S.K.: 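Below you will find the structure I want to go over with you.
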Amino acid sequence: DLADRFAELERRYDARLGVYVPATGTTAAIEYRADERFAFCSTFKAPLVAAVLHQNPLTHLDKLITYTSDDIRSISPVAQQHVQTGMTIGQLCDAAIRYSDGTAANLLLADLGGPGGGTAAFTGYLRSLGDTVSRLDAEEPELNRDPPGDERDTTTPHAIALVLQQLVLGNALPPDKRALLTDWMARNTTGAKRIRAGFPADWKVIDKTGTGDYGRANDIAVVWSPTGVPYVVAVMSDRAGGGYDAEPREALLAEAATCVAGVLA
Ligand SMILES: *C(=O)[C@@H]([C@@H]1NC(C(=O)O)=C(SC2CN(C3=NCCS3)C2)[C@@H]1C)[C@@H](C)O
């Protein structure tokens, strides 16, 4: 039984686990704690990029954004190198998704604009996709630090799966913008030990991870079977029992994904 397997992993990693996979033609939805709130952490960056793509002409990607030393306030493997020269909107989207660059996300939020430094417009974007659950309240690095239980900066496995489904498989974006988002997630560098680790090599996986305090570890993916059948997989976790400095455990997500892959085969 799937629920028993998920509960077992929770005991193994002293963690809370959330899983959602939307129903398809012939598969029932897979759900474990799927409507419980979990922190977005960096997973919001996938719909953030979609919002920015949607909001602008495609050549907005070529606009150069400048920024300063006091803009580097979180893990930013890419942006840390380019405060001098700036970064284009395209480069920022690339960094935000593929390297989970936090400064890039802050700059993209600022680009989207409006109250809360873009957090309000980001949330508005999700509402336009029918997501009445998720909310973004802060930018990097605060958004990763809300106490366990707090609703600030949270989504649910169910909500984020439905959003991602519209983004990648559905019609939320035009084909050219949709391809841009998909390619970046396809070329993600941060996800090898998560959902990717649970699916066989002949399955295609694109994804965006999230990591944070209180042992938070998330992964949202779209996967394709060797015959081109797509599934959306959202896995989220925290380890509140360990407190603020609790280590995230990627293995938990790899194991969860392995269980899901067994069903989807
Ligand atoms: C978002 O959750 C934070 C950001 N997100 C990100 C992640 O894992 O998703 C980490 S960066 C990172 C460095 N890294 C591994 N190095 C070898 C392969 S992957 C993942 C970080 C916490 C936030 C800063 O935006």
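Throughout, numbering of the chain's residues begins at 1 and tracks the sequence. Just follow the structure's listing: the first ligand is 1, and inside any ligand the first atom is 1.
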S.K.: Help me out, what's the drug found at ligand 1?
M.R.: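 Answer: tebipenem (open form).
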S.K.: By the naming in the PDB entry, what macromolecule does tebipenem (open form) touch most in this deposit?
M.R.: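 It is bound most extensively to Beta-lactamase.
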S.K.: What protein heavy atom sits nearest atom 19 (S) of tebipenem (open form), and how far away is it?
M.R.: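 I find the closest protein heavy atom is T190 CA, 3.7 Å.
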S.K.: Can you report which non-hydrogen protein atom sits closest to atom 1 (C) of tebipenem (open form), along with the distance?
M.R.: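 Answer for atom 1 (C) of tebipenem (open form): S42 OG, 1.4 Å.
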S.K.: Which of the UniProt active-site residues in chain A lies nearest tebipenem (open form), and what minimal heavy-atom distance separates them, to the nearest angstrom?
M.R.: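 In chain A, the nearest UniProt active-site residue by heavy atoms is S42, 1 Å.
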S.K.: Could an N or O of tebipenem (open form) be found under 3.5 Å from any N or O of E140, whether backbone or side chain?
M.R.: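 Indeed, backbone or side chain, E140 has an N or O that close.
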S.K.: Does atom 13 (C) of tebipenem (open form) have a protein heavy-atom neighbour under 4.0 Å away?
M.R.: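 Given the 4.0 Å limit, the answer for atom 13 (C) of tebipenem (open form) is no, no protein heavy atom qualifies.
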S.K.: Could you check which UniProt-annotated substrate binders in chain A have any non-hydrogen atom under 4.0 Å from tebipenem (open form)?
M.R.: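 UniProt-annotated residues with a heavy atom under 4.0 Å: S100, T209, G210, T211.
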S.K.: For tebipenem (open form), which is the ligand I care about here, please tell me if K45 has any N or O atom under 3.5 Å from one of the ligand's N or O atoms.
M.R.: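 Such a contact does occur with tebipenem (open form).
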S.K.: Could you tell me whether some N/O pair between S100 and tebipenem (open form) is separated by less than 3.5 angstrom?
M.R.: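 Yes; at least one N/O pair falls below 3.5 Å.
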S.K.: Which residue supplies the protein heavy atom nearest to atom 21 (C) of tebipenem (open form), what is that atom called, and how far is it?
M.R.: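 The closest one turns out to be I75 CD1, 3.8 Å.
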S.K.: Is any covalent bond from tebipenem (open form) to a polymer chain modeled here, and which residue and atom does it involve?
M.R.: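 Covalent bond target: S42 OG.
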S.K.: Is there at least one pair of N or O atoms, one from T209 and one from tebipenem (open form), spaced under 3.5 Å apart?
M.R.: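 N/O-N/O distance under 3.5 Å: yes.
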S.K.: What protein heavy atom lies closest to atom 8 (O) of tebipenem (open form)? Include the residue and the distance to one decimal.
M.R.: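 The closest heavy atom on the protein side is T211 OG1, 2.9 Å.
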S.K.: What protein heavy atom is closest to atom 18 (C) of tebipenem (open form), reported as residue, atom name and distance in Å?
M.R.: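 Closest protein heavy atom to atom 18 (C) of tebipenem (open form): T189 O, 3.7 Å.
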S.K.: Any heavy atom of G212 sitting closer than 4.0 Å to tebipenem (open form)?
M.R.: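 No; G212 lies far enough from tebipenem (open form) that no heavy-atom distance drops under 4.0 Å.
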S.K.: Which residues from the surrounding chains have any heavy atom less than 4.0 Å away from tebipenem (open form)?
M.R.: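 By heavy-atom distance, that gives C41, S42, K45, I75, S100, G102, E140, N144, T189, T190, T209, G210, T211.
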